[PDB]
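Remarks on the structure that follows.
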Amino acid sequence: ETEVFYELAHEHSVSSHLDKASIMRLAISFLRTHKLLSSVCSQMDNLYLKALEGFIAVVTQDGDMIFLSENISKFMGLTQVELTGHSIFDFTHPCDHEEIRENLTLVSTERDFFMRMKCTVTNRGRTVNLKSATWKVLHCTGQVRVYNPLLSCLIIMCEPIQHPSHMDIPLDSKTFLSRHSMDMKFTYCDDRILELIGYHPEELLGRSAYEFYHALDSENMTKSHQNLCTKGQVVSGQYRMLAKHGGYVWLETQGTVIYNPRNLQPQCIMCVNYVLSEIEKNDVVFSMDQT
Amino acid sequence: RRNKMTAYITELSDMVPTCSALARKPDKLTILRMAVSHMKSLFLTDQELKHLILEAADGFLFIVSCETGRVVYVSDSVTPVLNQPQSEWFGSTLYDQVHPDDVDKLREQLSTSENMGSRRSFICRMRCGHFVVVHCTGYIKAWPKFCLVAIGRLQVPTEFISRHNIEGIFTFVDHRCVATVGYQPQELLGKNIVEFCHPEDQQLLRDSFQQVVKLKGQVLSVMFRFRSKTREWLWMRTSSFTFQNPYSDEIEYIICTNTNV
Ligand SMILES: CS(=O)(=O)c1ccc(Oc2cc(F)cc(C#N)c2)c2c1[C@H](O)[C@H](F)[C@@H]2F
């Protein structure tokens with residue numbers, strides 16, 4: 001009989017009943033994952049994935065998500081069982097696909113990019129169905145590996161970027177928010193900037209953020225803006241902002257395109273800015289502004 | 001559409017050497033029973049997911065006390081991420097393992113006043129070998145008083161660079177200019193670059209500045225005599241190009257790499 005199709009111990013109140021391809025896809029995917037894990041390798045299985053602010057994904061060169069961590073649900077809504085064994089392209093924005101394809105290939109193995117993935121969870125923290133599929137930007141950082149006709153894998157950690165409006169995470173004294181126009185000019189900034197970088201918000205309003213970028217950084221910062229506009233969210237790399245009276249502070253910024261919800265239009269870019277350093281080289285004057 | 005289930009079973013058999021250890025696939029029902037034995041035989045394993053996370057993000061797990069910061073536990077991935085034995089981390093406090101100017105963000109995040117199972121996500125500089133930037137995400141669990149459980153992941157003078165308005169005024173100079181032309185940065189900022197140009201070469205540089213603007217986005221390299229602080233005409237290869245806003249395309253500044261020739 002087909003009671004063995006009710007009997008596959010897959011890594012247990014969910015190994016009991018599964019529907020159609022769920023039993024098999026999961027199993028083939030598990031064994032392929034173990035095959036890679038042998039290649040990589042050489043209790044506390046609940047702390048690791050409750051500390052992460054993202055999920056782990058092992059995706060093959062064909063594009064198969066042979067492994068998805070158990071927490072994908074907390075960030076994506078879609079379950080590990082709904083997706084394991086399925087193709088990355090069936091759950092990612094099509095206009096991102098080619099990028100994903102060149103990140104799956106082959107010789108630096110490090111990978112850092114941004115993709116858009118289907119999401120059936122909602123802001124309050126309650127799940128929804130697949131017709132109700134929003135796009136969530138994931139920062140994906142990992143390695144592509146060769147393992148065994150050698151195969152090839154992409155082990156990535158996929159983190160969501162918190163929406164500036166909605167966040168239950170402790171905000172630091174070293175984090176401050178700024179609002180900008182599409183022309184990258186400040187339209188608002190926090191009171192803390194003075195305490196941290198030395199500037200009053202009044203003297204930045206109307207000033208484009210390119211005025212304050214250290215000249216070595218501003219092109220890597222346009223590329224990050226050209227990806228926040230293409231994809232709606234971004235994490236910058238570490239950058240230098242000239243301080244009010246000499247020097248520069250180090251920053252990392254999570255950017256988010258904000259849409260006017262009445263006309264569905266791009267209104268502003270909200271930027272959560274993280275101060276990583278104190279003023280460095282205050283003895284050195286870089287700009288005309290700081291004189 | 002029946003292919004899917006068939007390929008599935010040939011794929012299943014192709015994934016195990018003891019299913020390639022037969023002349024042919026056993027009965028489809030028998031194949032399901034055959035695999036059930038292999039699946040039970042041996043991915044929730046702690047040790048596997050730790051290495052998956054070190055693979056993906058190059059990060060380690062650690063638990064410190066909120067009250068003192070003492071590292072109650074550190075996983076062994078601290079050695080590959082920070083070149084620091086667990087000897088150094090275990091039996092110590094995270095404060096002495098991070099940059100001195102970060103101990104404050106550290107206490108702020110380690111606070112238990114307002115937030116238990118609360119989340120944490122900060123960035124600090126941890127000592128290695130020098131400090132490295134570390135993204136730290138975690139939560140707070142009961143010690144058995146309070147404890148942060150968290151993952152920390154690692155992540156990625158011959159000339160001087162200047163920025164100018166299209167007029168030619170230096171609106172930015174990097175610190176290297178003292179060793180190339182002898183001027184302190186403030187002695188250049190606010191002045192025009194033609195001021196330091198030999199009067200003979202002045203129209204050459206003056207023409208390049210208009211050309212770089214019309215030749216938008218593109219580099220050209222004029223060569224002029226630059227007046228030092230020590231007053232001596234020094235040949236100077238200035239390669240300039242236009243930088244423009246990626247949205248409005250309005251020219252933000254001219255970028256010049258002044259290289260002594
Ligand atoms: C690339 S980003 O992280 O999103 C970013 C990061 C920083 C941005 O502006 C800022 C904000 C700030 F606090 C200091 C600086 C500097 N220097 C620039 C901006 C962005 C966006 O460009 C947005 F348009 C704006 F230009």
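Reminder, nothing fancy here: chain letters follow the sequence lines and each chain counts from 1. Atoms within a ligand are numbered from 1 in the order they appear, just like the ligands themselves. All values below were derived from every heavy atom in this structure, side-chain atoms included, with hydrogens, water molecules and symmetry-related copies excluded.
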Q) Can you identify the drug or drug candidate present at ligand 1? A) belzutifan
(Q) Would you let me know which chain has the most contact with belzutifan, using the name from UniProt? (A) Endothelial PAS domain-containing protein 1
Q) Judged by heavy atoms, which other chains are less than 4.0 Å from belzutifan? A) A
Q: Name every other-chain residue that has a non-hydrogen atom under 4.0 Å from belzutifan.
A: A:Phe176, A:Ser178, A:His180, A:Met184, A:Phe186, A:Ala209, A:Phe212, A:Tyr213, A:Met221, A:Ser224, A:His225, A:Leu228, A:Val234, A:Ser236, A:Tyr239, A:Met241, A:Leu251, A:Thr253, A:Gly255, A:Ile269, A:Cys271, A:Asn273
Q: Specify the organism recorded in the entry for chain A.
A: Mus musculus
